[PDB]
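Caption: PDB structure containing emtricitabine.
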Amino acid sequence: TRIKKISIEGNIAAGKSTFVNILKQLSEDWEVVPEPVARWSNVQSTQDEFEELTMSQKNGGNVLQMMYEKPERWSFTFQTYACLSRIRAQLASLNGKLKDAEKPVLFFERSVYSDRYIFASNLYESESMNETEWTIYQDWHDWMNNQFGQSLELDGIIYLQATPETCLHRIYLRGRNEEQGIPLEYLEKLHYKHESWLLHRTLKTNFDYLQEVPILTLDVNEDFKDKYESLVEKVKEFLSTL
Amino acid sequence: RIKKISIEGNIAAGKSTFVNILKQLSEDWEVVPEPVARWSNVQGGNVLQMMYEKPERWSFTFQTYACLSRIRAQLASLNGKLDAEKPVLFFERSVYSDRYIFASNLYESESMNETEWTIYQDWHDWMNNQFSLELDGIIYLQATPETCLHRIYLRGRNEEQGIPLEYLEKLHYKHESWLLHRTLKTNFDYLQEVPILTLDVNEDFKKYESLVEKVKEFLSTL
Ligand SMILES: Nc1ncnc2c1ncn2[C@@H]1O[C@H](COP(=O)(O)OP(=O)(O)O)[C@@H](O)[C@H]1O
Ligand SMILES: Nc1ncnc2c1ncn2[C@@H]1O[C@H](COP(=O)(O)OP(=O)(O)O)[C@@H](O)[C@H]1O
Ligand SMILES: Nc1nc(=O)n([C@@H]2CS[C@H](CO)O2)cc1F
Ligand SMILES: Nc1nc(=O)n([C@@H]2CS[C@H](CO)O2)cc1F
């Protein structure tokens, strides 16, 4: 549609939510679809219309934690749910926000492509999904994407590049409970997937237009004040090109 | 404008048989078979078998793929093969029996945990709510669990050969609660309005005259 869709990609705790949520104050025509991580650590489904008047919406399972604890059991289930909740949030925001905007830009915290080609794929490569799980996942992912056509197609990607060591430190700073045992090696594997996809651009996907989508790579290893001015200038220049 | 009728009933009640027969009565009638071949050869792995052998491990993966694969087949069949006077599409089962019979039963038996069941409902809610498949009517083929158990052996699907009577009793009570007693509640409000034709298929196929005529004309009321 008229809404430009820009995905913000980068490793866990690179600083995507921080950067984008400050950035988007620069324009009333700019909005963000946050990644549904809260929904993964407290798994809930919709209450009946009458039941919710007399029953609380209780805390459900922690599928994020289950995946970290036993990835060979929970990876498929986690990845399925992560992508479904993402698509759901991105579509609803597409169809409902920025209606009265002159040059609307919707920023996505990550995309369905990072779900598959970074996160799920890394789990398949780690033998945390077997051939059957990997086949089911890709089949479902392809199907959903063909269903939407150009709906979610990206106009641009901003890659926030941080070292695995930076991300590890920032995981500690943020203090999300389920992330606290994450080892450097896991971040490193994820780092490598981001570099292949977004920087060296050697990673091949089932979605041909991606080979051509413009990418802005930003180095976010510095303390926030130290580069923010220059990053904002780069983003504004990049967007003028789309 | 295609009438959509689902055929519901226990494993080996005889849904595929009956509808393949019914199919031939009119050029305006087509069938969407349950994608069971896709389930025993994932394209590969036999996720149907994986689920029967280790249901606590594989039930959620199986259920999700079973429902996905069904939705896909049903949508594709609407998308052009019936430019017909009065088109009817007969579905072998529905996304409702996926959730409210099979998946629910697996949850009830603890083959899915609370998280798995919540994820599955949430996925099923969203998946359905986009993807057109609403039923005009349901035909319920009612066979005793002992009949179904016999017919499992007749058909000889390898993945099915160990199925116990008790498991079929459980599925039978679910179907009965949904389609006969009507005590099974779904979060699909329109389903309370859908007419149900219940047909007893326990005898050897030589009541089939009576049953076809009863369908032929249940349809004329829709
Ligand atoms: N440039 C930066 N300098 C110092 N801290 C940062 C910087 N960017 C992000 N942070 C901090 O790092 C942590 C993770 O950032 P966050 O934006 O939540 O990451 P993401 O959304 O990419 O997972 C937070 O505690 C945040 O305050
Ligand atoms: N009424 C019937 N009388 C005798 N055999 C039947 C009858 N209905 C089905 N069968 C046989 O029983 C088996 C199960 O039928 P099928 O149509 O495959 O069941 P479903 O599609 O309900 O799983 C098949 O071998 C079929 O030929
Ligand atoms: N599909 C995804 N799988 C993941 O494991 N993650 C991990 C676990 S949640 C954390 C959020 O940044 O990253 C993210 C995804 F988007
Ligand atoms: N959603 C379903 N789950 C199942 O286990 N089954 C079982 C296992 S395959 C057999 C086909 O009759 O029935 C069917 C479904 F439609």
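Naming: A, B, ... by sequence-line order, numbering from 1 per chain. Both counts, for ligands and for their atoms, begin at 1 and track the order of listing. We use all heavy atoms of the structure for the numbers below, so side chains are in, but hydrogens, waters and symmetry mates are not. Recorded method for this deposit: X-ray crystallography, 1.9 Å.
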Original post:
Where, by number or letter, can emtricitabine be found in the structure?
Top reply: ligands 3 and 4
**OP:** List the chief contact partner of emtricitabine (ligand 4) in this entry, with the name from the PDB entry.
**Re:** deoxycytidine kinase
**OP:** Using a heavy-atom cut-off of 4.0 Å, enumerate the other chains touching emtricitabine (ligand 4).
**Re:** B
Original post:
Which residues make up the contact shell of emtricitabine (ligand 4) at 4.0 Å, heavy atoms only?
Top reply: B:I11, B:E34, B:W39, B:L48, B:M51, B:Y52, B:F62, B:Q63, B:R70, B:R93, B:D98, B:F102
Subject >> emtricitabine (ligand 4) atoms in contact with B:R70 (distance to a heavy atom under 4.0 Å) >> reply: 16 (F)
**OP:** Report, in ascending order of atom number, the atoms of emtricitabine (ligand 4) lying under 4.0 Å from any heavy atom of B:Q63.
**Re:** 1 (N), 2 (C), 3 (N), 4 (C), 5 (O)
Original post:
For chain B, which organism does the PDB list?
Top reply: Homo sapiens
Subject >> Contacting atoms of emtricitabine (ligand 4), where contact means under 4.0 angstrom from a heavy atom of B:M51 >> reply: 5 (O)
Original post:
Which atoms of emtricitabine (ligand 4) are found less than 4.0 Å from any heavy atom of B:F62?
Top reply: 3 (N), 4 (C), 5 (O)
Original post:
For emtricitabine (ligand 4), which atoms have a heavy atom of B:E34 less than 4.0 angstrom away?
Top reply: 11 (C), 12 (O), 16 (F)
Subject >> UniProt-listed ATP-binding residues in chain B closer than 4.0 Å to emtricitabine (ligand 4) (heavy atoms) >> reply: B:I11
Original post:
Which of the UniProt active-site residues in chain B lies nearest emtricitabine (ligand 4), and what minimal heavy-atom distance separates them, to the nearest angstrom?
Top reply: B:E92, 7 Å
Subject >> UniProt substrate binding residues in chain B within less than 4.0 Å of emtricitabine (ligand 4), heavy atoms >> reply: B:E34, B:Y52, B:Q63, B:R93, B:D98
